[PDB]
Structures are given as structure tokens and as C-alpha cells.
A.B. asks: 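Structure of methotrexate bound to Reduced folate transporter - open in front of me now.
Residues: numbered from 1 along the sequence shown. Order of appearance sets the numbers: ligands from 1, and atoms from 1 within every ligand. Side-chain atoms are counted along with the backbone in the values below, which use heavy atoms only and exclude waters and symmetry mates. Per deposition record, electron microscopy, 3.4 Å.
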Amino acid sequence: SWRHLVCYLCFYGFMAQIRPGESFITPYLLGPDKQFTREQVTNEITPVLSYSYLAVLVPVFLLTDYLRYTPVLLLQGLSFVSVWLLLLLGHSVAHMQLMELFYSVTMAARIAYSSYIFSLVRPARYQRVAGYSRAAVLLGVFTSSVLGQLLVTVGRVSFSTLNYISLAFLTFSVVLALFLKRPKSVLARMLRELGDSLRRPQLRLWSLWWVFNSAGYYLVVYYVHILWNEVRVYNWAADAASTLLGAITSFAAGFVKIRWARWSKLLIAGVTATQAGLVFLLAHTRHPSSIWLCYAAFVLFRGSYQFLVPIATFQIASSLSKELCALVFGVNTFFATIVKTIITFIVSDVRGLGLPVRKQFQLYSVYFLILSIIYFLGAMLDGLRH
Ligand SMILES: CN(Cc1cnc2nc(N)nc(N)c2n1)c1ccc(C(=O)N[C@@H](CCC(=O)O)C(=O)O)cc1
């Protein structure tokens, strides 16, 4: 385990996210292999995934820490394999509903890897291993996107062949996850430990940052895709560049050392203000010069969030007394997706404050603005008390 414990963990994190046929699921559904109407792929496939992400997250984060994270990784891998198998068969609508349910299972179990890395190493190099793991995962996502687009656009393969390749890669990822090691009123004690951990000043700040900034980033990304498709070839290039910059920034965050608990609220406020500025710049671009300045901006935005994705996790592991690193990650992810759903309902739904995409992004930038003057006014409040 001297050389094949963190290196192997990063390698598995890289290989588990290689699904070259991931981003091409919708065209495959709408393609000639499966005769699906535009209306169904969007009204019977996306809502089920959206709801099941909320539904299946709770059991996953409740049981991942007791299961010691190897069974949850195996479940995520087998669920990815079942997703692609169901994609290959795809007999009817219910098959694809089950596929989306399993995909939501995978997205819910994504937290098990981020807890496994911390439960696998001594509580001294949490930050370095967090940076390594996030760099590996984001590099895997970037490689998956680039491989899919290279095979489809500059290569010559069908969607079925791409899905076969993705299924083979997912089988290999399951094989890799098999060899991973397993670290060596229960609910009442669980919640008591969660509350006592939340009483700490370092877990609480980064948990709030997760719940809010992660929700903001997810909203911004999920609607940046739609905004770019609204106002084609370079879209995947921008996505891959953003993911690669995210991997680089996660590596840098793993390798950065600053005196935390003092320059931590200030760092969060600065990063959130930078992200707010980037989103404001992204929204305020209607001139023809909207293929260089905005794309890159979004890239930076993604990287910015990733620059705080391995630190926050690390700052949750360094401030946890029990083996509840998975519980806090799961609760934070669940609350972040709850906040994202609430924001979507309040800004995107017609019944609520229904606004178009432009004003939607004007709201998201302002949402980050309220999220960058709260942490700004949190680094001087505690400074005053000193
Ligand atoms: C939503 N989606 C891909 C996706 C695309 N089209 C689809 N189309 C259909 N019909 N169904 C789907 N389930 C579907 N899924 C996703 C979701 C999350 C990440 C993801 O992994 N996101 C993190 C990366 C970190 C990680 O790997 O967990 C991020 O920074 O955005 C990638 C693609």
C-alpha cells in the first residue's frame, strides 16, 4: 500500500469517470436506433432523474459510512453498467426510466469516493489526497468528454458503438473498484455526532459554503449549457476546457498551503466574488464577440469552484471527530440540491418569478453577489473579535 493506495485510488477515480457515450445519451435516444419523440425524452426522462437524485441520495449518504465505502463504490459502478446495459436494450419508456433511476443512484453515490479518499489516509495529508483525487476525477471527466467528441466528430463511429465502448470502460471501472480495500438508537448517536461536529467553526463554514455555492455553481452550469445552445461545435470544446481547468485548479488547491481558520472566510469571499464577476460577465454578452470572452469566462468560473472543491472536503475531514466524513458530504449535497431546486422553482418556473435565461443569469450573478458580501462580512466580524 506504499505506492498502490493513493496512486491506485486516483487511477480508479480517473477510470470510473470515463464514459465517452455519456454526453451523447440524448442524441442516441432521439437517434435512429431508438424511435423516441422529442417530447418524451424530455418529459419522462429528465424529471425522473431529477426526483430520484433527491430520493436515492438519502439512503446512500445514510448507509455509505456504515458500509465502509467499498460496497457503495461497487454499487455506483454496477449502476453505471446497468445504465449502459439498459441504454443498449432500451425496449420501452419504462426501461429508460429505470436507466435514469440508476443514473441518479450513481450521482448520489459519487460522494462515496470523496469520503473514501479521506477514510483511506492518515489525517495529516487530507488536503494533498483531496487535491489528487479531485484532479483525477476531473481529468477523467475531461478525458471522457474529449474521447466521445473525438470519436464522434473527428472520428467515425455510431452511437451504438460509442455506447459499447462506454460499457466496456464501465466494466473495467467495476473491475478496478472490486480490488479497492475496505477500511476497518444508532441514528440518535449519529445525529448527536453530526450536531457536535457542526458546532465547530470550520466544518460549519465550509458546510454552508457547500450548500450554497455548490448549488449556485450547479445552477450556473446547467443553465450555461442552455444559454449557449440558445444564442455548436465549440460548445464541447468550452466544456472540456472548463473541466481541464477545474482539474488543474483542484491539483493546485491540493498543493496550496495557507494558514486556515484565519484566511479561510476571506478566501471563500474572494473566490465567490470572482465567480460572481465571471457570471455577470457571462450574462452581459450579446455582441458578436461572444465566443472568446464569455466561453473562457465560464471556464474560469468552473475552475474557481473546483479550486474550492478539494479544500472544502478536506476542511470537513480535518474537523470531524468520528468516521462521519460521508454523512456530512451527503447532507451538504442533499441540501445544496434542495437549494438549487428551490432557486429553479423561484426563478425558472412560470408560476413563480418566471424570467428568461438572460435575467435568470442576472439573478444567479446577484445570488453570488449576496453570497460574496456575506462571507466578506464574515472575515471582518471575526477579525473584529480578535
Ligand atoms: C447531468 N450529467 C450528464 C447527463 C447528460 N445527459 C443526460 N441525458 C439523459 N437523457 N440522461 C442523463 N442522465 C443525462 N446525464 C452530468 C451530471 C454530473 C456530471 C458530473 O460528473 N459533474 C461534476 C464533475 C465531478 C464528478 O465527476 O462527480 C461537475 O463538476 O459538474 C457530469 C454530467
A.B. asks: Which residues overlap between UniProt's 2',3'-cGAMP-binding set for chain A and those with a heavy atom under 4.0 Å from methotrexate (ligand 1)?
C.D. replies: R110, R134, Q306
A.B. asks: Hey, could you check which UniProt transmembrane segments of chain A have a heavy atom closer than 4.0 Å to methotrexate (ligand 1), counting from the N terminus?
C.D. replies: 1, 2, 4, 5, 7, 10
A.B. asks: Which residues overlap between the UniProt folate-binding set of chain A and the residues with a heavy atom under 4.0 Å from methotrexate (ligand 1)?
C.D. replies: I25, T26, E100, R110, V141, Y217, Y222, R302, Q306
A.B. asks: Okay, next thing: residues with a heavy atom within 4.0 Å of methotrexate (ligand 1) - which are they?
C.D. replies: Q17, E22, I25, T26, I45, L49, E100, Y103, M107, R110, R134, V137, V141, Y217, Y222, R302, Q306
